[PDB]
Structures are given as C-alpha cells and as structure tokens.
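Comments concern the structure below.
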Amino acid sequence: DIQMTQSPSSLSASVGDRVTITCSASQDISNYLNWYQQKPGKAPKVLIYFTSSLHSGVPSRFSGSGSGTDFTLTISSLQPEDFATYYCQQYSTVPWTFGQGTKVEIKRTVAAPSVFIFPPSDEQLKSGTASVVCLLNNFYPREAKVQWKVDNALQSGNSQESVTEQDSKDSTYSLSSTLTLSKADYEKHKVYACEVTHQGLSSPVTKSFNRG
Amino acid sequence: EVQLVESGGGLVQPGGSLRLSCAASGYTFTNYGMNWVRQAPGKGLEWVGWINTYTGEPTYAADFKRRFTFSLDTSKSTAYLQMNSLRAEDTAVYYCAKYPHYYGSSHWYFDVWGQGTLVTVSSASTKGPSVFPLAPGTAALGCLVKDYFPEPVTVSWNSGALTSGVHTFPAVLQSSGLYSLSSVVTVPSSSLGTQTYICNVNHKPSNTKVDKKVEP
DNA sequence: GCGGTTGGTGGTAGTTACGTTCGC
C-alpha cells in the first residue's frame, strides 16, 4: 500500500503570505494526486484534483504541482478562512490512501485574553460537587498559562483545559480551565483564584472570588 | 442538487453490529460508485472501500472484508455499510462519497460527501449530561454540560437567536470516562435583568433536551 | 462558447463523453 507523508504537519503564517505544503508518496503515483481542505466539524472539500487542476468554486490562490513521488499545494496569499487541515490523497493503486494532514494556523497581531471566573452554581453544589471555571476569551497566540490558587496554595495540576478551534474570521482562541472539587473539599477553602500569563499581558491577570 | 445523507450512527458495544445508510439524491444513482471513508476523532482519513452501484460489486481495503459488508437498494437510491464484530478502534465518523459528475479520463476524486455519522464502540453505558449555569461593560455567562457519554452534544443560545460572542468548547474526557464541556457567551452587563438568556442543550444519544435560564 | 454545476440511455465497467443541461 502506498504511504503518503505531508510536510510540515502543522504551520503558522500571516494573511497574504505564500504557504507551501509538501506531499511525498512511497512510490511513483503517475500524477494521480488530489488535495482536500477540512474545516472543524465539516466533511473534507476537494480543492485540487489530478495534481494541478483547480476545482470549480475554489479561489485561484490555491494551486497544485508535482510528479513522481513529490507534490506541493501552494496557497499564494493566505486568508483567515484558510484555517483548516489539508490532506493529499493518491488514486494510483488501491487502497486509496491519504497523507496524515497538515494543520494551517493563521497568524495575527497579539491579543490579550479577557479573563472571567465562575463560582460553582447552587444547582451543582446541591448534588455534592463543585466546579470552578476560568475563561480566557479571544486571545492570540494560542499559548497561555493558567494557574489555580486556592487560599494561596497552587492547585493547577488538578484542573483540565479545553481550547476552541481558531476562529475563521478573527483568528483568535478562547480557553476554559475547570477545577472540580467535592462539595466537602470546596467548603474547606475561602479564596479561589485563577492567574493568567500570556504574551499580550505585561503582568499576570488574576480573577478571584471568596466562597459565599 | 446532488446530496448524500447518511444515518444509522450510534453507540454500540464491542462485538455488536450497526448498519449505516447513505441516501443519494439529485443524480443517476447507478452511474457513480459509492465510496466509504472514516475518520477517527482527532485523526486522519481512511478509505474503507467502494461499491459499483450497477454491478453491486464491492472492493474493500485492508482487512475490512472480514467484518464489513457493502450493499445497495437501488429502488431507494441507498447504499449500506453493515459492520459486524465492532471493535473500539472502529470508533470514527463514517462518510460516504461520490466521484464528480464527469469522472472520465482519470478525473477521480471525492467530489460530494455525506455529512458523516458517528459510530462509537464502547462498553460504557449511555448517560445524559447535567446542565449547570455559569452565572455572570461586558459580562460573560454560560452553561456547564457535565458528565455525559457518548459524544456528541450540541448547544445553542436563545434557540439560535444569539450567535455573536458564543464559544462552545470541545469536550474533555474526565478520569471517570465521562465527557464535560462549557458553552459561554459575552453580553453587556446592562442587559443582565433585561434580556433572558437560555442555553439549549441537546444530547441525542440519551434523548436528553434541557433548556437552562442563566440568571445573574 | 465552452467548461461544470446537469440529463439521459445503457449496462456487469468509474460506467464518462456524449446531448437533452447549467452558468458565466
């Protein structure tokens, strides 16, 4: 079976930049190579087929080239909506096979997160558990550090984070950090704080509340 | 319009069976093969195989023929993927896909795709989520969607009328083996007490529908 | 006019370039 390898596996580039993604086949595939674009929660969409043919409806900034075992997808002027995973696919020999995918992130200017903290609801507490939620809203770049301080003692390792996919319009991210305690454990502490470090912040931002 | 509509996805125990369907419309059904492609959560694309829709002849990749069967009902313009002896590693979104209107002279590519149907193979039991409010010139508010299985969950605000500033986070798998997520939105602090804010949570797998007023 | 987004007959085949179509 033909193994297809893309390079790079992930890249970041600015609006208007030229981006190239390479696809290498484990054997000669006779120009039978297609490119697809896949956005979060959508099926893949064909962009280029048969090496170099642009599909109807696809902007002319997308082009494809290659022969033998080496193929390239070029985006001549990257746009915010091009956030997506791109896949090459051979149809020389069954089974048809895809590359592993290349994730493309869109660079933008640094944007600090807006930080919010949420105490556990009475509804959850009545069931015997307490989730404290820290929200970091609309920031770039993606790297952010969240520390949890409960009466000044660090509990960061007990929390779980989730990050949104990059926004296809404004190229920002949002992040949640959730620290879940038993009702009993929650009630033995007073001050709950999340402290946020990000490139957009000259010093850490802390949001906190006092239990009850 | 050419469309492919899939159905039949759901939660099934290891060793169990599921039949997926791919209903085609808006073209001559027997002029195009039907292809099946799957994608494991957060993973790449894998071609399962295809079937010639006139001859009914299937071609399977790798070892899928042991456990999977492609079939047709041309009177319904529908292709089927029957899956038997399902394993955990079969958890994936399953797509059907067809070649372009003109595919001659090697113009072969997946032109139109179904929307996908998620197959989850797990010994874990279905569980509906608990929905808790995340209480609030910009205020943030939200809903915590806690302790559910399997995927997926959908969240809307005010029955879809509120879209600006909405962020629904990807679920995280907890130690328990249950998923949890939050959905949040930003509003003017002035509107707290003015506008009612309701998050609408749908967890089809457990037939759970919950509307939750998020009050300050 | 001419390349796709289409129509229609035949048919064991990606079947596929054609015409009756569609759209710049």
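So that the names make sense, note that chain A is the first sequence line, chain B the second, and so on, each numbered from 1.
- The name given to the drug at chains A and B is bevacizumab.
- The shell of residues around bevacizumab (chains A and B) (heavy atoms under 4.5 Å) is C:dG4, C:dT5, C:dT6, C:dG7, C:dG8, C:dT9, C:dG10, C:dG11, C:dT12, C:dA13, C:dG14, C:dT15, C:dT16, C:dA17.
- The PDB entry assigns chain A the name bevacizumab fab light chain.
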